[PDB]
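Here is a PDB entry that includes doxycycline.
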Amino acid sequence: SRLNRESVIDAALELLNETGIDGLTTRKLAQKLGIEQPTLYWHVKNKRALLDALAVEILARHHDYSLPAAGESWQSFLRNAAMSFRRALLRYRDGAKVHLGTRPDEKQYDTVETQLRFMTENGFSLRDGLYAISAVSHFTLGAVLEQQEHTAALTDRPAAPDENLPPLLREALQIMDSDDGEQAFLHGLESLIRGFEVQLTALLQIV
Amino acid sequence: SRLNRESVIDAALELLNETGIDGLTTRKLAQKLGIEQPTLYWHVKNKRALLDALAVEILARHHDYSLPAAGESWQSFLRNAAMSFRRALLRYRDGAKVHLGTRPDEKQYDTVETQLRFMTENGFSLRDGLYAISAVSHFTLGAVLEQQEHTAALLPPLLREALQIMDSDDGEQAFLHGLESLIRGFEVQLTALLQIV
Ligand SMILES: C[C@H]1c2cccc(O)c2C(=O)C2=C(O)[C@]3(O)C(=O)C(C(N)=O)=C(O)[C@@H](N(C)C)[C@@H]3[C@@H](O)[C@@H]21
Ligand SMILES: [Cl-]
Ligand SMILES: [Cl-]
Ligand SMILES: [Cl-]
Ligand SMILES: [Cl-]
Ligand SMILES: [Cl-]
Ligand SMILES: [Cl-]
Ligand SMILES: [Cl-]
Ligand SMILES: [Cl-]
Ligand SMILES: [Cl-]
Ligand SMILES: [Cl-]
Ligand SMILES: [Mg+2]
């Protein structure tokens, strides 16, 4: 079939949902596109190049709240960006692991520049602006990776017998498995934003 | 060599530092222990069983702050536990990746129960206590994973100055700053009770 960049990325993302990141190979991608391996090689050098392109493409296509709206608060921007980032990572099987090996992308640098500009215009030092954006990224990626890797582990092993669990852990596992982590994620996200605001408003005061 | 659980884990952790998690295989572990693969199989069924055990044993060996001190505040306990957890994950190559997706083991049940109970004794519902602990875990894992990926790997104006600041250390500054933000947010939520906040 067609081997323009867009068609190859489309095929590879479909293959990722079929196999997961560990099972995704250039050999399987060639099969899916109906070509020989040295044909594919002209388009796609190796698995690493393929993953770098998927990582960038997943955010380009599906992370559509990367920029603040006109007049938006920095609180609302971090909340909206975090929810978008999390949705984008959950959209594909092992998506967060695909992201975790992104390369530098010039277009992602212009976006982070706009986000750091926005934070500093709203009163953040460059340091505190970067720390806030980083913490939101770290928290969000950590929450998604724990959801996706736990799913991936239920593919291989089981989950331990319920009847030796102490009571609060039993109830905690009931709560953490009652959704895809969304309630926990949204609650932690409010805690993180409010922490940042207490720090911003403190200026040089002991806090 | 010797294939008691402890010797196998010792060998697998040494191998992890050599290869990383993707490169860690039962075949390479058999080589390191000087045995054939079907000997290893008697002791270690597969990579998933090995990774599950390493996640547990890394914390048993190196996570020294899993329980509150006598009289400690929940704020100080979360801070101390998060710093310990991060140090434990940084001790081995791809340590965070080893942890991801695991759930508490039966050997950890008493510890993690005491952590949950401790939060409830300090005014949190089990749910809100779990939400706090989970946020700390997710933030710490994310921060370590980004530091371990930068190791594995190794501009606009504000970003350039930000990269100077980020790479003047390992990640510890950004980590500890975010951790204070998360703790303070949990406190603002706890102290609000049923007030709009
Ligand atoms: C309560 C645990 C839990 C409950 C429900 C689902 C889960 O996935 C977990 C965990 O995975 C926890 C950990 O891994 C700990 O790191 C964990 O296992 C642990 C420990 N063994 O001392 C910690 O220190 C905890 N943390 C870093 C402060 C944390 C546990 O609190 C949770
Ligand atoms: Cl073509
Ligand atoms: Cl194209
Ligand atoms: Cl689609
Ligand atoms: Cl491949
Ligand atoms: Cl707003
Ligand atoms: Cl032996
Ligand atoms: Cl032993
Ligand atoms: Cl293997
Ligand atoms: Cl204290
Ligand atoms: Cl109890
Ligand atoms: Mg865990």
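Chain letters follow the order of the sequence lines: the first is A, the second B, and so on. Following the PDB entry, chain A residues are numbered 2-208, in order. For chain B, we keep the numbers from the PDB entry: what you see runs 2-155, 166-208, in order. First listed ligand is number 1; within each ligand, the first listed atom is number 1. Both backbone and side-chain heavy atoms feed into the values below; hydrogens, waters and symmetry mates do not.
In the structure shown, the parts corresponding to doxycycline are ligand 1.
In this PDB structure, UniProt names the chief binding partner of doxycycline (ligand 1) as Tetracycline repressor protein class D. Chains touching doxycycline (ligand 1) with a heavy atom below 4.0 Å, listed by letter, come to A, B. The protein non-hydrogen atom at the shortest distance from atom 2 (C) of doxycycline (ligand 1) is B:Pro105 CG, 4.0 Å. Distance from atom 24 (O) of doxycycline (ligand 1) to its nearest protein heavy atom, with residue and atom name: B:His64 NE2, 2.7 Å. The closest non-hydrogen atom to atom 13 (C) of doxycycline (ligand 1), taken over B:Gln109, B:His100, B:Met84, comes from B:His100.
Besides doxycycline (ligand 1), ligands or ions with an atom closer than 4.0 Å to that drug are found; these are ligand 12 (magnesium ion). For doxycycline (ligand 1), the atoms lying closer than 4.0 Å to a non-hydrogen atom of B:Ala82 are 28 (C).
Taking atom 32 (C) of doxycycline (ligand 1) as the reference point, the nearest protein heavy-atom neighbour is B:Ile134 CG2, 4.1 Å. Looking at A:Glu147 next to doxycycline (ligand 1), no N or O pair under 3.5 Å apart turns up.
When chain B is restricted to the residues UniProt lists for Mg(2+) binding, the ones with a heavy atom within 4.0 Å of doxycycline (ligand 1) turn out to be B:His100. Counting protein heavy atoms only, atom 5 (C) of doxycycline (ligand 1) is closest to A:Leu174 CD2, 4.0 Å. Looking only at heavy atoms of the protein, atom 8 (O) of doxycycline (ligand 1) is closest to B:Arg104 CD, 3.3 Å. The authors modeled no covalent bond from doxycycline (ligand 1) to a chain. Per the PDB record, the organism listed against chain B is Escherichia coli.
Distances from atom 4 (C) of doxycycline (ligand 1) to the heavy atoms of A:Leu170, B:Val113, B:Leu117 show the closest one on A:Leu170. Of all protein heavy atoms, the one lying nearest to atom 15 (C) of doxycycline (ligand 1) is B:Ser138 OG, 4.4 Å. Heavy-atom contacts of B:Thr112 reach the following atoms of doxycycline (ligand 1): 22 (O) (cutoff under 4.0 Å). Shown in contact with B:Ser67 at under 4.0 Å from a heavy atom are these atoms of doxycycline (ligand 1), numbered in order with element: 22 (O).
When non-hydrogen atoms are compared, doxycycline (ligand 1) lies under 4.0 Å from the side chain of B:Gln116 (C-beta onward) but not from its backbone. Binding site of doxycycline (ligand 1) at 4.0 Å, heavy atoms: A:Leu170, A:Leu174, B:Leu60, B:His64, B:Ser67, B:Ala82, B:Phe86, B:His100, B:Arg104, B:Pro105, B:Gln109, B:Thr112, B:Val113, B:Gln116, B:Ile134, B:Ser138.
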Contact table doxycycline (ligand 1) N or O to protein N or O, d under 3.5 Å:
| from | atom 1 | to | atom 2 | distance (Å) |
| --- | --- | --- | --- | --- |
| doxycycline (ligand 1) | 14 (O) | B:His100 | NE2 | 3.1 |
| doxycycline (ligand 1) | 22 (O) | B:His64 | NE2 | 3.0 |
| doxycycline (ligand 1) | 22 (O) | B:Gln116 | NE2 | 3.2 |
| doxycycline (ligand 1) | 24 (O) | B:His64 | NE2 | 2.7 |
| doxycycline (ligand 1) | 24 (O) | B:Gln116 | NE2 | 3.2 |
| doxycycline (ligand 1) | 31 (O) | B:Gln116 | OE1 | 2.7 |

